[PDB]
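The following structure holds danusertib.
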Amino acid sequence: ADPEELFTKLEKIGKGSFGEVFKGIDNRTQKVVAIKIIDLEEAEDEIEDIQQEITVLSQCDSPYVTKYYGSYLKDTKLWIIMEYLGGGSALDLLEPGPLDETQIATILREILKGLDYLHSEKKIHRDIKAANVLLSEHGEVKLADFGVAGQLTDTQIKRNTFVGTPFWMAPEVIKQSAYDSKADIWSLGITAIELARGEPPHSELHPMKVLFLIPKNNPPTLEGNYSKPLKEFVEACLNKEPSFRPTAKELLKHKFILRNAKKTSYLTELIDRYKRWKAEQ
Ligand SMILES: CO[C@@H](C(=O)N1Cc2[nH]nc(NC(=O)c3ccc(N4CCN(C)CC4)cc3)c2C1)c1ccccc1
Ligand SMILES: [Cl-]
């Protein structure tokens, strides 16, 4: 029916040129939801990504993947109703200052559970990065932005498409050879660096340069004051050879994760920190 009847927006929480995201309410139940509204008139090229995300999320049912509740059409606007996640993104939560290795290990663990779910459903996220990891106010950690996610089948054996964000992209994705879920494991290893240092490797460089640097160089390493097991976690992820990369399931039992990860509810203090930080200034 009419989405402006069914839903009420409470607060604009995100904005772009083609769309806006709100905190809002299902009026029938008073449930808080995320409401992403796309101006279909302005959307042009990225409309295929919108379609792809809706399709993939409608096929997902995991506590580690942002829920999709439906789409509504009202004039030039597409309303996409989604699980509200109010803690902020992992990247957002880096703003007030660095994470400790307990927080990092917990976040990576939860991402790994999400990747394990997706890969078992023969899906590939293909844009894993801290900005795409969204937290709930309880400290749950869930995956979002499925605009370029890919589907493996029997009609098509692997993927080829040059897609993702350059600094996080696997070398085999840059080369556009046949790749699979192991590409997400590379991106996860880059995300581990990003969680530790605040930025991905080569973050000051032009994206175009990174497209030849990533295949040309040895894999990035985590440098500085970070525990050996974290550096070995990064090292295992960022193997040039995908068949030598571990799976997400295996990584759940990496010693860095086992010795450092704790209950997700402990992440609420990371969210509190952001609230206080946000409020000031
Ligand atoms: C553009 O699509 C959305 C999207 O699909 N989504 C689906 C979905 N569900 N819930 C969301 N919540 C938030 O984005 C958000 C972010 C920061 C936030 N604040 C900062 C911390 N504070 C404690 C509260 C206020 C409050 C809410 C989103 C976004 C997207 C956004 C970012 C990354 C990936 C995807
Ligand atoms: Cl947006």
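Throughout, numbering of the chain's residues begins at 1 and tracks the sequence. Counting starts at 1 for both ligands and their atoms, following the listed order. This deposition comes from X-ray crystallography, 2.2 Å.
- The ligands or chains that make up danusertib in this structure: ligand 1.
- Here, the chain sharing the greatest number of close atom pairs with danusertib (ligand 1) is referred to in the PDB entry as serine/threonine-protein kinase 24.
- The binding-site residues for danusertib (ligand 1) (non-hydrogen atoms, 4.0 Å) are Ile13, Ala34, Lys36, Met82, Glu83, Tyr84, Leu85, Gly86, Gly87, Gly88, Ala131, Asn132, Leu134, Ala144, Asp145, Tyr274, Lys275.
- Per UniProt's Mg(2+)-binding annotation of chain A, a non-hydrogen atom lies under 4.0 Å from danusertib (ligand 1) in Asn132, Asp145.
- Close contacts between danusertib (ligand 1) and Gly86 involve ligand atoms 22 (N), 23 (C), 24 (C) [criterion: under 4.0 Å to a heavy atom].
- Protein heavy atom at the shortest distance from atom 1 (C) of danusertib (ligand 1) is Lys36 CD, 3.9 Å.
- In chain A, the residues contacting danusertib (ligand 1) fall mostly within the UniProt domain Protein kinase.
- Of the protein's heavy atoms, none falls inside 4.0 Å of atom 19 (N) of danusertib (ligand 1).
- Closest UniProt active-site residue of chain A to danusertib (ligand 1) (heavy-atom distance, 1 Å): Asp127, 8 Å.
- Close contacts of danusertib (ligand 1) with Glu83, meaning ligand atoms under 4.0 Å from a residue heavy atom, involve 8 (C), 9 (N), 10 (N).
- When chain A is restricted to the residues UniProt lists for ATP binding, the ones with a heavy atom within 4.0 Å of danusertib (ligand 1) turn out to be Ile13, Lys36, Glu83, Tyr84, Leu85.
- Nearest non-hydrogen protein atom to atom 30 (C) of danusertib (ligand 1) is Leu134 CD1, 4.6 Å.
- When only non-hydrogen protein atoms are considered, atom 7 (C) of danusertib (ligand 1) lies nearest to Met82 SD, 4.0 Å.
- At least one N/O-N/O distance between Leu85 and danusertib (ligand 1) falls below 3.5 Å.
- Shortest contact from atom 33 (C) of danusertib (ligand 1) to any protein heavy atom: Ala131 O, 3.3 Å.
- Nearest protein heavy-atom contact of atom 17 (C) of danusertib (ligand 1) is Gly88 CA, 3.7 Å.
- Of the protein's non-hydrogen atoms, the one nearest atom 26 (C) of danusertib (ligand 1) is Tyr84 OH, 3.5 Å.
- Note: no N/O pair closer than 3.5 Å links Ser89 and danusertib (ligand 1) by distance alone.
- With a cut-off of 4.0 Å, the other ligands and ions near danusertib (ligand 1) are: ligand 2 (chloride ion).
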Run through all N or O atoms in danusertib (ligand 1) and write down each protein N or O closer than 3.5 Å, as a pair with its distance.
from: danusertib (ligand 1); atom 1: 2 (O); to: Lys36; atom 2: NZ; distance (Å): 3.3
from: danusertib (ligand 1); atom 1: 5 (O); to: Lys36; atom 2: NZ; distance (Å): 3.1
from: danusertib (ligand 1); atom 1: 9 (N); to: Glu83; atom 2: O; distance (Å): 2.7
from: danusertib (ligand 1); atom 1: 10 (N); to: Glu83; atom 2: O; distance (Å): 3.4
from: danusertib (ligand 1); atom 1: 10 (N); to: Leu85; atom 2: N; distance (Å): 2.8
from: danusertib (ligand 1); atom 1: 12 (N); to: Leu85; atom 2: O; distance (Å): 2.9

